[PDB]
**Student:** 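Take a look at this one; I'll ask things after.
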Amino acid sequence: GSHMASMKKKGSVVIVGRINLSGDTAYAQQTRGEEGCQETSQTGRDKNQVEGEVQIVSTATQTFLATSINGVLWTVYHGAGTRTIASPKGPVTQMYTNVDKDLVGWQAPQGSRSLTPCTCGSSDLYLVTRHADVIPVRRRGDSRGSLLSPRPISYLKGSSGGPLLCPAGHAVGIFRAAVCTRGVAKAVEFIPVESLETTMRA
Ligand SMILES: CC(C)(C)[C@@H]1NC(=O)O[C@@H]2CCC[C@H]2OC/C=C/C(F)(F)c2nc3ccccc3nc2O[C@@H]2C[C@@H](C(=O)N[C@]3(C(=O)NS(=O)(=O)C4(C)CC4)C[C@H]3C(F)F)N(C2)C1=O
Ligand SMILES: [Cl-]
Ligand SMILES: [Zn+2]
C-alpha cells in the first residue's frame, strides 16, 4: 500500500533558453532563471514567447536541448521521460514517445521555427551544443559520427536533444549519446531524421 493523497506529480519540461542561429553568429540566450523555471515546471503554464529552432530545456533535476523539426519539438527520452511540456495554456502531453529510440516529441510551440529534414545525403555534419558551439562531425554510419576534434565529455554534457545539421542547415539527426573513452568524446550517436520521419508517418 501507499498513502495516495500525498503522492507527488512530476513537473513539466520547461523551455529556459534557446540557441540563436538566426544571424551570422551562434550564441545561447537564457529566457528564464532558476526560480521561474521551477514555478513554471509545477504549473505547466509558460507565458514566455518562444523563438528559434533549438530550445534549451530543463526539468527540476536535468537540463538538455530540444529541436523543432517539421512542426514537432523533439528531445531525448532520457531527459524528458514521459513529462508534459509547459505552454501558455498549461501542460502539453507528448505527441510521440519511443523509449527504444530514446525519443520523445511535443507539438512545436507557437513562435518556434522548424528545421527541414535533410535530403542532400551529405556526410559533413555540424553538431550544435547547448553552449552554441558548432562542432564539425563526419558521418560514419546511419546513426554515428566522429568529431574532427575530440573533446572532454564535459563539453557535450547537456546537449542531448540538440541537432546535427548538414552544410545547408537541414536537420540530419538528434544528438542522443556520446562515444566516450576515458572521459574523451571521440564520436556521437544520434537519432537519424529518417527515424523521426518514420515515427511521424507511423
Ligand atoms: C557514457 C555516456 C556518454 C554518458 C553515454 N554513452 C553511451 O551510452 O554510448 C553508447 C555507445 C554508443 C551509443 C550508446 O549506446 C547506448 C545508448 C544510450 C542512449 F543514449 F540511447 C540512452 N537511451 C535511454 C533510454 C531510456 C532511458 C535512459 C536512456 N539513457 C541513454 O544513454 C544515457 C544518456 C546518454 C547521454 O548522456 N547523452 C548525452 C547528453 O548530453 N545527455 S544530458 O543532456 O547531459 C542528460 C543526462 C540530461 C539528459 C549526449 C551525451 C553527452 F553527454 F555527450 N548517455 C547515457 C551517453 O551518452
Ligand atoms: Cl533510432
Ligand atoms: Zn541537407
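Residue numbering in chain A adheres to the PDB entry, whereby the residues present occupy positions 980-1181 in order. This deposition comes from X-ray crystallography, 2.0 Å. When reading the values below, keep in mind they use all heavy atoms of this one structure, side chains included, and skip hydrogens, waters and symmetry mates. Whatever order the structure lists ligands and atoms in, that order sets their numbers, starting from 1.
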**Student:** Can you remind me what the drug at ligand 1 is called?
**Tutor:**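 It's listed as glecaprevir.
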**Student:** What is glecaprevir bound to here, taking the chain with most contacts and naming it as UniProt does?
**Tutor:**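 The chief partner is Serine protease/helicase NS3.
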**Student:** What are the neighbouring residues of glecaprevir within 4.0 Å, counting only heavy atoms?
**Tutor:**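 Within 4.0 Å (heavy atoms), the residues are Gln1041, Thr1042, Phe1043, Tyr1056, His1057, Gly1058, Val1078, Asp1081, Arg1123, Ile1132, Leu1135, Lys1136, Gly1137, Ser1138, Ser1139, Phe1154, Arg1155, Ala1156, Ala1157, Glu1168.
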**Student:** Among all protein heavy atoms, pick out the one at the shortest distance from atom 40 (C) of glecaprevir; state its residue, atom name and that distance to 0.1 Å.
**Tutor:**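 Heavy-atom neighbour on the protein nearest atom 40 (C) of glecaprevir: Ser1139 CB, 3.4 Å.
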**Student:** Can I get the nearest UniProt active-site residue of chain A to glecaprevir along with its heavy-atom distance to 1 Å?
**Tutor:**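 Measured on heavy atoms, the closest UniProt active-site residue is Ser1139, 3 Å.
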**Student:** Which single UniProt domain of chain A covers most of the interface with glecaprevir?
**Tutor:**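 According to UniProt, mainly Peptidase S29.
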**Student:** Can you list the atoms of glecaprevir that are under 4.0 Å from a heavy atom of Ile1132?
**Tutor:**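 That gives atoms 3 (C), 53 (F), 54 (F) of glecaprevir.
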**Student:** For glecaprevir, which is the ligand I care about here, please tell me if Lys1136 has any N or O atom under 3.5 Å from one of the ligand's N or O atoms.
**Tutor:**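 No, there is no polar N/O contact under 3.5 Å.
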**Student:** List the closest protein heavy-atom neighbour of atom 41 (O) of glecaprevir: residue, atom name, distance to the nearest 0.1 Å.
**Tutor:**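 Here the nearest protein heavy atom works out to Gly1137 N, 3.1 Å.
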**Student:** How far is atom 48 (C) of glecaprevir from its nearest protein heavy atom, and which residue and atom is that?
**Tutor:**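 Here the closest protein heavy atom is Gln1041 OE1, 3.4 Å.
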**Student:** Suppose we measure from atom 28 (C) of glecaprevir to each protein heavy atom; which comes out shortest, and what is that distance?
**Tutor:**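 Going atom by atom, the protein heavy atom closest to atom 28 (C) of glecaprevir ends up being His1057 CB, 3.4 Å.
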**Student:** Which glecaprevir atoms are under 4.0 Å away from a heavy-atom of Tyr1056?
**Tutor:**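 Checking each atom against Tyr1056, I get 26 (C).
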**Student:** Could you identify the single nearest non-hydrogen protein atom to atom 22 (C) of glecaprevir and state the distance to 0.1 Å?
**Tutor:**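 Minimum-distance protein heavy atom for atom 22 (C) of glecaprevir reads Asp1081 OD2, 3.5 Å.
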**Student:** Identify, for atom 57 (C) of glecaprevir, the protein heavy atom at the shortest distance, and state residue, atom and that distance.
**Tutor:**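 Going by distance alone, atom 57 (C) of glecaprevir is nearest to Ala1156 CB, 3.8 Å.
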**Student:** Provide the number and element of each atom of glecaprevir under 4.0 Å from a heavy atom of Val1078.
**Tutor:**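 Within the 4.0 Å cut-off of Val1078, glecaprevir contributes 25 (C), 26 (C).
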**Student:** Among all the protein's non-hydrogen atoms, which is closest to atom 9 (O) of glecaprevir, and how far away is it?
**Tutor:**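 Result: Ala1157 O, 3.2 Å.
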**Student:** Which residue and atom name correspond to the protein heavy atom nearest atom 52 (C) of glecaprevir, and how close is it?
**Tutor:**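 Its nearest protein heavy-atom neighbour is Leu1135 O, 3.4 Å.
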